[PDB]
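Just so you know, residue 1 is the first one in the sequence shown, and it goes up from there. Order of appearance sets the numbers: ligands from 1, and atoms from 1 within every ligand. What's counted below: heavy atoms across the whole structure, side chains too, no hydrogens, waters or symmetry copies.
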Amino acid sequence: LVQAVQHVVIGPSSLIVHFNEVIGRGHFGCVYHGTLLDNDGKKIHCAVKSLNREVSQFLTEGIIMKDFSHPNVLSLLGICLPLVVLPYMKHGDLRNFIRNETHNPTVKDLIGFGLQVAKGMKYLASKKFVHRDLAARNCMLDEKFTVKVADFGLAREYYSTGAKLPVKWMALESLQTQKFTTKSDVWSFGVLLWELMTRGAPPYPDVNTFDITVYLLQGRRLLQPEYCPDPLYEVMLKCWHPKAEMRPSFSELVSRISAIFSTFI
Ligand SMILES: COc1cc2c(Oc3ccc(NC(=O)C4(C(=O)Nc5ccc(F)cc5)CC4)cc3F)ccnc2cc1OCCCN1CCOCC1
Ligand SMILES: [Cl-]
């Protein structure tokens, strides 16, 4: 842990945290605007993730990130003895971007964001990593409109054994056994595409949190969104297959969505 922290350790001298500017705050964590300095003295706008007051939990979260080098996965700039330094994402979380009525992305752009999460998840599934909390709320969007798959971790109504669970994003086997696999990230990815094609509408509004397991066993799935092309809805239904082995891999997801995306001007 600390041998790895020391590899990505940032000097307090190199980082200025703007405590006067909070991008957001939860009970466990807080996110500030920040300026990171390189050896040439150039300034890097960043986000400083801090604990309000479980210290090793925070540092493990940031240490897992050090292994992730992909354009569709959020990177760690470093740890400062503690504060976790992340690259600043000009557009915030994906759900909030798509939910803005004045933003007008085309059906192709929304599919394009869906292909980006799929590419990132492919890379993660390759590294044997299981996300556990895939949702549009945990996908970041940078200046060049590049989706970065992330997790607000400690800094994170959509969540209900101490388990704080995102039940509406969860696979049948995960809701019934609290065990997660890459195949269960595929289910959540299906819910993520539904979210994108509805432009941040809440999944299963009419449905309660706890009751979601019996809703699904009745043979119910999210309806086809209005912007959603038919082949893309077929993809979503493959993600929500009750048996895990029948769900498309993320590699097949990149494939099928690349072919749907490529049919638009
Ligand atoms: C809420 O708004 C923002 C939040 C940001 C942010 O938050 C975090 C995201 C993820 C982590 N993750 C983590 O700390 C970890 C993680 O992500 N691990 C992880 C896990 C799996 C994976 F695949 C990749 C990474 C837990 C360690 C930590 C963060 F602090 C990081 C960087 N830039 C941000 C910009 C934001 O708005 C910009 C301003 C937008 N304005 C425009 C409109 O007006 C008002 C809003
Ligand atoms: Cl159809």
Chemist: Which drug or candidate compound lies at ligand 1?
Modeler: foretinib
Chemist: Determine the main partner chain of foretinib by heavy-atom contacts and give the name UniProt assigns.
Modeler: Hepatocyte growth factor receptor
Chemist: What residues end up in the site of foretinib at 4.0 Å, going by heavy-atom distances?
Modeler: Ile23, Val31, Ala47, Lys49, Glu61, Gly62, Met65, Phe68, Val73, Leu74, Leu86, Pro87, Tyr88, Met89, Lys90, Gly92, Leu124, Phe129, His131, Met140, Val149, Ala150, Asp151, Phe152
Chemist: Which organism does the PDB entry associate with chain A as its source?
Modeler: Homo sapiens
Chemist: Curious here: most residues of chain A touching foretinib, which UniProt domain are they in?
Modeler: Protein kinase
Chemist: Below 3.5 angstrom, do we get any N/O pair linking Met89 and foretinib?
Modeler: yes
Chemist: Any of the residues UniProt assigns to ATP binding in chain A within less than 4.0 Å of foretinib? Only heavy atoms count, please.
Modeler: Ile23, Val31, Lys49
Chemist: Measured between non-hydrogen atoms, which UniProt active-site residue of chain A is closest to foretinib, and how many Å apart, rounded to a whole number?
Modeler: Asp133, 8 Å
Chemist: Considering only heavy atoms of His131, which atoms of foretinib have at least one such atom less than 4.0 Å away?
Modeler: 21 (C), 23 (F)
Chemist: Please could you name the atoms of foretinib that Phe129 approaches to less than 4.0 Å, counting only its heavy atoms?
Modeler: 21 (C)
Chemist: Would you mind running through foretinib and noting each atom that sits below 4.0 Å from a heavy atom of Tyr88?
Modeler: 33 (N), 38 (C), 39 (C)
Chemist: Below the 3.5 angstrom mark, is there an N/O of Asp151, backbone or side chain, next to an N/O of foretinib?
Modeler: yes
Chemist: In foretinib, which numbered atoms sit nearer than 4.0 Å to a non-hydrogen atom of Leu124?
Modeler: 23 (F)
Chemist: In terms of atom number and element, which parts of foretinib are under 4.0 angstrom from non-hydrogen atoms of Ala47?
Modeler: 31 (C), 32 (C), 33 (N)
Chemist: Would you say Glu61 has any N or O atom under 3.5 Å from an N or O of foretinib, going by distance alone?
Modeler: no
Chemist: Mark up the atoms of foretinib that fall under 4.0 Å of a heavy atom belonging to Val73, in ascending order.
Modeler: 23 (F), 24 (C)
